[PDB]
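A structure with pleconaril.
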Amino acid sequence: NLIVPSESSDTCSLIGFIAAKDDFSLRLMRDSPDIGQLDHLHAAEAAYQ
Amino acid sequence: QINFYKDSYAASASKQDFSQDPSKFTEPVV
Amino acid sequence: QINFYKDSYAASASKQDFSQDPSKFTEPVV
Amino acid sequence: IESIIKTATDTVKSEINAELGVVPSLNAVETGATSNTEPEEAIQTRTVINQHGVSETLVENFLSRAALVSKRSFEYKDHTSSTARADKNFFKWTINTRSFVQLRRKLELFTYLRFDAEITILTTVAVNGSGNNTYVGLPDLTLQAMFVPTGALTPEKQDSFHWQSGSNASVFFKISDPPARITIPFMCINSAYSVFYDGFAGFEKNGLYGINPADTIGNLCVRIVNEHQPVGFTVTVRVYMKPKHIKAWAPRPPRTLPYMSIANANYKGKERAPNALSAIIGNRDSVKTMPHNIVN
Amino acid sequence: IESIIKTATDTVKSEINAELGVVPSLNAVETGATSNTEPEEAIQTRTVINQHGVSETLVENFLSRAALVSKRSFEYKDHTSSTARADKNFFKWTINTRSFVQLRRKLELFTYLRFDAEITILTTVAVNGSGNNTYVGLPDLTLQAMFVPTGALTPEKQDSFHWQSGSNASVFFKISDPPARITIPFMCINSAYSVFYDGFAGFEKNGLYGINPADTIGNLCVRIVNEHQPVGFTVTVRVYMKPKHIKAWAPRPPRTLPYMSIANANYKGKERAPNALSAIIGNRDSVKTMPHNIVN
Amino acid sequence: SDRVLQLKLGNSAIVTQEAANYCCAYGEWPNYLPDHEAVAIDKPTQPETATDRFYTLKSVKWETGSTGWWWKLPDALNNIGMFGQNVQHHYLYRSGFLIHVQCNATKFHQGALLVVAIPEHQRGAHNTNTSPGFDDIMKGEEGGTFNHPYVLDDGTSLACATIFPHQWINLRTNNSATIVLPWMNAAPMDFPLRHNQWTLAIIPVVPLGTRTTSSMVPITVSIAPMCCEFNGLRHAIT
Amino acid sequence: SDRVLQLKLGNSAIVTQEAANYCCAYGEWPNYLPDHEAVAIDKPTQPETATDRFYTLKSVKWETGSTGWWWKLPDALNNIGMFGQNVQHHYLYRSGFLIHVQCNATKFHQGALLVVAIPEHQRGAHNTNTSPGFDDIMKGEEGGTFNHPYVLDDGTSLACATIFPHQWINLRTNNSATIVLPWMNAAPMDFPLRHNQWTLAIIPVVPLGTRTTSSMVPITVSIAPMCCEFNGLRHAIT
Amino acid sequence: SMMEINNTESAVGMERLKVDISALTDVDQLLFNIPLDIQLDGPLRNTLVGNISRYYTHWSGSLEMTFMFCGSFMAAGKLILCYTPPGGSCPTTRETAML
Ligand SMILES: Cc1cc(CCCOc2c(C)cc(-c3noc(C(F)(F)F)n3)cc2C)on1
Ligand SMILES: Cc1cc(CCCOc2c(C)cc(-c3noc(C(F)(F)F)n3)cc2C)on1
């Protein structure tokens, strides 16, 4: 169990991190699905004015 | 490859740099 | 033939493999 | 015996044989071995110096031949009033090698294959005749073919942002140009492709059977870069694939019955022979009849 | 340890470990160092000779890919009665790399970049359908692309004297030709480009924030050399840029929220997750729930 | 007799007095995965005698209208002994197989069996566009029968099935067949519950016949896993 | 802290930051059975990483009226994982054990645990001539509690139990105990289902006490079989 | 880089970057689980490894998952972190997870 005294907060926190080792390898580069575009960005057309 | 151009920056991509130092981001301590 | 490409898989067909072992299908017994 | 074979083997002269305890013509099919009887042992032969090459039957030569793998026609026009079922100036194809019978049957002669693909794209255009349209002439258009690997988003419109292709491999080519040509490497996550897969794709029981997840390729999205014009056209794109640097393992019996689907090896056969379910080879009157008998 | 890495590291076999004073699995995140625990130290492993190459993740390969940086459509026609807002048979573009999200996000993974640019220009033409115009056909036009560095005057008309280009670099290309291609060197007045600039451009307080003056490029002016014709057309010019000979410094966190403008890094996020301001990753029921649980 | 052979494989053993030979698929023997072909970095478990042993399956009756039987591996051996326990508790396996098919009759009996090990015998359905389902493929220790042995149940031909590692049981000649199959796969290891590397098919090309008193003529199948390895230990999943 | 220690034992691992040392019973380490001490001529199975790994048992609450807990080996590990499968499918086994007992509290908590591995802890009953029954002895993974920890439940004394391989968990000092037990038996191997070589007992000699906010204080036990061997393979018997 | 394990509603901003653990009155209790699907939206998606890997299609190699306890100096506990190779359902009990 998580045992704390009366003067300590009874709820504690964990932080999780993840990383790759030297074994790691990637291949078959593609377009990342994390960025998109539905229209022109602001000021983008002003570059033609 | 061929690069019959007089300027060296006109050459193709140089994909032969296999040296790396990950410890400058993973163990940047003393 | 020519293959001025940087990747080896871009080359042409390699039609020069004349080794064969038919006995692995015709006499697969001991 | 593994050796280098460049020509067919030569024949050696033989004499009369009558020796007890030696029966070269007698074999045992039950062992699973093919008969080792030689022509020199069955008949009296002469010496023949054979000079026939065997380079045409090499698996590389046998399989290194461009074959149609994809063929798609779509209308290049104004698609404002078209339904959400037609190809609106573009299309996407889930790459596969089971849609056209010739290449499929040639590939399915082996259990495992490892090769690089050579992709050639050939585009033709025709002037639409629907309504009262005239010939007009054939425009010289630019097409973009983008390869979207598994997990990547595919375009939904002819002008969607996906076509900017920051990392996806695209090729831009004109119709007046020679057919476009690129090379794809051996993309399998395994050491070879699985022509046949006796398994299921997922970890649950509702997955697909016979399709190996390791052999997944992706999508080929082809669009016309040009914007539509006052008249409609029909654009047909044909994709041919040529294996090269081939390695083959575990040859298989050829398929006799016609293919039914690209997803499975289902079979029903022809109504009558040949290639029927109950009779692969056409019938003759009896086992004592030859159809093409020379009669003089 | 700086060394040459061509493949992923191999694994070594390990045995049972029970030794006092050694705790490889225990780390100290507060030091700012990543855990140095090895798989050989956390579990009992076997010897694996790893043959995976690492050439695809090289920064050169990662970034050396042509991406759309500019796309402009304008009417090629008689512009006598057109307003002073449309592109009258030509246009100018202030070169930047922040207009299209894919290349912008790939480039913004580093603080400093040094590379030569490979510029490819692809032009398409369509017949105007406004009014009662017909297809007619697609003319083979000549386009001129002129690079005007900072401080140089830019053309104001399609036939202004600026187009004579005594010293400015121009390229003349036909639509029927392959896409035009040139190379621009590393033009920065510094040793590297500043992908991000925590400063102001001028010596006063009204300057632009986040744009480095040292990284200014200039203008790309594209005109149709042909004079207008009895019918109007729409010409679309696309400019793709490919970095090469790349050097990268200080990798940065990737952008999660959608881009709002090309001038700044302003953010508002999506209305709901994923990629919302208050929730980048989509929600699940609880920390004890997995959505894609294998159930059999 | 025609040939004698003994197969030990652990705490089990088989003796045959009327055999032809035994077949080594493609002239190769089972072996453990080398370090230069390994993928999973976890240390494998090699039970050996516990798993590398003959398991005998239920016998099938050799009748006149018999179309043939098939057993898929390792599916048939899953849920059988320590091999089954290791399969259930592990995520990856790797193994060859020594297969012994037994069938005897009298000298007044005639009949020919083709015993063939098909690699990746992906099956098809008949007269339908739907693919075979999970229950059509996964039959366990009982195996299945051939719907259309003429086409091998996949639209190919039975006549060309001799391209695969095979033997014959000709009642006039021998009463047993033996095939040694190495590890056949495009991957060094595999998940045992969703993919079958081998399918053992026994097909009655020549039907059983006699004019003496009729007796039940069964066919028995014994499979010995060889050089078994297992990676990815966790709870049992069956 | 007072000492740190890491215990890998397969695909598992334990880290302790507040330990005293670890105990090797009688100063010996587990080992496989040599040829000059073997009895059974059958080739043994040595699963290794599949069986030589930490198994964690259910936790027990550390209360004020607690008399102590005991777990008998291999009885407690029988029916747990590949070790349990190997025990069920085999007639003889042989193994050492690495035992790790975990218990932590705050710095305002006091209490002392004696963690002792009794060899051949044959139990007795209280106030009766009848011997303990099967259900009194075989408790499985759950174990049992001490009726009279004063006499060790056998008419001896708890005060002299330190003659056995033991450690202490003094909340003021450490929060874990580790004992390495070799194979202890008069025979080279034994039937796992009818005899227990070791009994791990955790006894509250000094009761738990504090004046701060009360919390549940559990005690966890992890046992890693070591150098496991199995002989006499047959069907599972459980 | 930090995992967004607390990707649940009622967690806003930085609250999604930490997992809260309290004192329980039952033994062997499950605290949380992490979906290991980088290729799909989950705790691993917005990580350096995840972000850079989502630019590629095929991956291989080993991962390390580090956990930092951020309680007070004199709060104590023992946890068990378990990785289960694929094939079955996610373990819900410690007895199944320890395997
Ligand atoms: C068996 C077997 C054989 C294969 C290989 C088929 C390769 O499929 C393609 C095709 C047909 C076209 C492209 C392609 N078309 O265009 C482009 C580019 F222009 F974007 F580069 N790539 C890419 C692949 C992988 O996969 N499994
Ligand atoms: C970061 C970062 C990256 C860069 C480089 C962008 C290069 O921009 C261009 C483009 C897009 C086109 C031309 C160009 N187009 O046409 C001609 C020519 F034909 F006149 F030669 N040059 C020149 C430059 C510098 O600058 N900052």
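Chain letters run A, B, ... following the sequence lines, proteins first and then strands; every chain starts at 1. Counting starts at 1 for both ligands and their atoms, following the listed order. Heads up: this isn't the whole entry, just a piece of it, and contacts are only counted within that piece. Per deposition record, electron microscopy, 2.7 Å.
For pleconaril, every matching ligand or chain, copies included, can be listed as ligands 1 and 2.
For pleconaril (ligand 1), the chief contact partner in this model is given in the PDB entry as viral protein 1.
The other chains with any non-hydrogen atom less than 4.0 Å from pleconaril (ligand 1) are D.
Residues contacting pleconaril (ligand 1) within 4.0 Å (heavy-atom distance) are D:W93, D:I95, D:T97, D:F115, D:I119, D:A145, D:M146, D:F147, D:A169, D:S170, D:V171, D:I182, D:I184, D:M187, D:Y193, D:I217, D:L220, D:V239. Closest to atom 3 (C) of pleconaril (ligand 1), if we only count protein heavy atoms, is D:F115 CZ, 3.3 Å.
With hydrogens left out, the protein atom closest to atom 20 (F) of pleconaril (ligand 1) is D:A169 O, 2.2 Å, a heavy atom. Nearest protein heavy-atom contact of atom 26 (O) of pleconaril (ligand 1) is D:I217 CD1, 3.3 Å.
Counting only heavy atoms of the protein, atom 8 (O) of pleconaril (ligand 1) lies nearest to D:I95 CG2, 3.0 Å. Residue D:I182 approaches pleconaril (ligand 1) through these ligand atoms, each under 4.0 Å from one of its heavy atoms: 14 (C), 16 (O), 17 (C), 18 (C), 21 (F), 22 (N).
The PDB lists the organism for chain D as enterovirus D68.
Of the protein's heavy atoms, D:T97 OG1, 3.9 Å lies nearest to atom 1 (C) of pleconaril (ligand 1).
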